[PDB]
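Going by the PDB entry, the residues shown for chain A are 182-233, 236-478, listed in order. Both backbone and side-chain heavy atoms feed into the values below; hydrogens, waters and symmetry mates do not. In each ligand, atom 1 is the first atom listed, and ligand 1 is the first ligand listed.
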Amino acid sequence: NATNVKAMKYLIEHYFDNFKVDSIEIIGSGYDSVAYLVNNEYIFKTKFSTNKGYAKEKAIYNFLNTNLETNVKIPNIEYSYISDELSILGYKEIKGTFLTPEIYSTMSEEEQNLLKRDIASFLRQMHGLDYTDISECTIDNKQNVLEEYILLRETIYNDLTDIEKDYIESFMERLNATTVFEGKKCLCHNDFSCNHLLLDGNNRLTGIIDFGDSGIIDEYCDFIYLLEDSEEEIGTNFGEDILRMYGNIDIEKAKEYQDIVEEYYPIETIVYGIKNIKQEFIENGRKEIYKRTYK
Ligand SMILES: NC[C@@H]1O[C@H](O[C@H]2[C@@H](O)[C@H](O[C@@H]3[C@@H](O)[C@H](N)C[C@H](N)[C@H]3O[C@H]3O[C@H](CN)[C@@H](O)[C@H](O)[C@H]3N)O[C@@H]2CO)[C@H](N)[C@@H](O)[C@@H]1O
Ligand SMILES: Nc1nc2c(ncn2[C@@H]2O[C@H](COP(=O)(O)OP(=O)(O)NP(=O)(O)O)[C@@H](O)[C@H]2O)c(=O)[nH]1
Ligand SMILES: [Mg+2]
Ligand SMILES: [Mg+2]
């Protein structure tokens, strides 16, 4: 804790000429990024060159702060340093409380409705943007999967068990037959889970964070976690109601999209291990396949 902080404090003061760090703590971290709360006021997201990166995420905040009309707050980048080896983004902390299942379950039916409407409204407004000015930020999930499958075949596929091969081939057979990638494309948050949603003191949606995976992609993408059944998310009904409020979207296909992405998760986990040379992820993903096969 103590050492990571000193180094990042040094980097921040070094790259941002007249920035003075009076206080700094770790507020979150991914597997290859670390985020810091600085002076109790600024968030600094940092990364040391991975498979990235923060350049796109920055272009997206910039695009959205220009074009979104909404009361919902999102990061607004005041500081950035972007290089092959290091990336830093700084912005003012959005104040509020993160949505969780526990909190949601204490809200009145009406409070829940208003939150749902708030979310549907935000997504409607974002998905409706003319994305010409950010048109290079496209993402083809189907193609990505096909490329990832090829990487598997080039690396470890022949060393997998039959059970693991059957799981993978069965998924690919499903990927080939589905129609859920042939629909509307638009700008999506693309990691729209409740740990990125902030509430104000009335339990209304006040902010949204981490547009780091955002891009022009299937409209169905932004409902993947809203429809998820798990300890981390609220539940399938929450996503269903939001889809109804959002309107003009095939709910059964959104679910199919979500179900396919869930099926893919162990393979994605394996592929991450291969790409980043981390055996731990290769083994986790393979083990998850056995757990899914025996449910
Ligand atoms: N940090 C990875 C970033 O997000 C995605 O990957 C993540 C995504 O697939 C999946 O993680 C997603 C998050 O993401 C999302 N924001 C919350 C959601 N509950 C979680 O869900 C996943 O993990 C849950 C528990 N743990 C499981 O219960 C759930 O079944 C599973 N789909 O697993 C990956 C790591 O958890 C992108 N594919 C990747 O390109 C990008 O770099
Ligand atoms: N309250 C608050 N927390 C924030 C804000 N910005 C980031 N965070 C916190 O910092 C954590 C990490 O920020 P996030 O953008 O999700 O980055 P990440 O997923 O960890 N990194 P990456 O997007 O590169 O995979 C979030 O879970 C949340 O705790 C903000 O504006 N307000
Ligand atoms: Mg995040
Ligand atoms: Mg992120």
Determine the main partner chain of ligand 1 by heavy-atom contacts and give the name the PDB entry assigns. Bifunctional AAC/APH
What's the drug at ligand 1 called? neomycin
Atom 38 (N) of neomycin: any protein heavy atom closer than 4.0 Å: yes
Distance-only N or O hit between neomycin and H379, under 3.5 Å: no
When you compare neomycin with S376, is there at least one nitrogen or oxygen pair between them that comes in under 3.5 angstrom? yes
What's the shortest distance from atom 19 (N) of neomycin to any protein heavy atom, and which residue and atom give it? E415 OE1, 2.6 Å
Answer yes or no for atom 29 (C) of neomycin: protein heavy atom present at a distance under 4.0 Å? yes
What part of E414, side chain from CB on, backbone N/CA/C/O, both or neither, has a heavy atom under 4.0 Å from neomycin? neither
Out of all atoms in neomycin, which are within 4.0 Å of some heavy atom of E416? Include the element for each. 17 (C), 19 (N)
Would you mind listing which atoms of neomycin come within a distance below 4.0 Å of any non-hydrogen atom of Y448? 10 (C), 33 (O)
When you measure from atom 20 (C) of neomycin to every protein heavy atom, which one gives the shortest distance, and what is it? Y408 CE2, 4.0 Å
Is atom 4 (O) of neomycin less than 4.0 angstrom from at least one protein heavy atom? yes
Considering only the protein, which heavy-atom contact is closest to atom 27 (C) of neomycin, and what is its distance? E411 OE2, 4.4 Å
Among UniProt active-site residues of chain A, which is nearest to neomycin, and at what closest non-hydrogen distance, rounded to 1 Å? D374, 2 Å
Could you see which bit of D396 sits under 4.0 Å from neomycin, with heavy atoms only: side chain, backbone, both or neither? side chain
Taking only heavy atoms of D374 into account, list the atoms of neomycin that are under 4.0 Å away from them. 13 (C), 14 (O), 15 (C), 16 (N)
Per-residue contact class, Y212 against neomycin - non-hydrogen pairs under 4.0 Å: neither
Considering heavy atoms of the protein only, find what lies nearest to atom 9 (O) of neomycin and give residue, atom and distance to 0.1 Å. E451 OE1, 2.9 Å
Show the binding site of neomycin at 4.0 Å, heavy-atom contacts only. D374, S376, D396, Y408, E411, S413, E415, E416, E445, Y448, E451
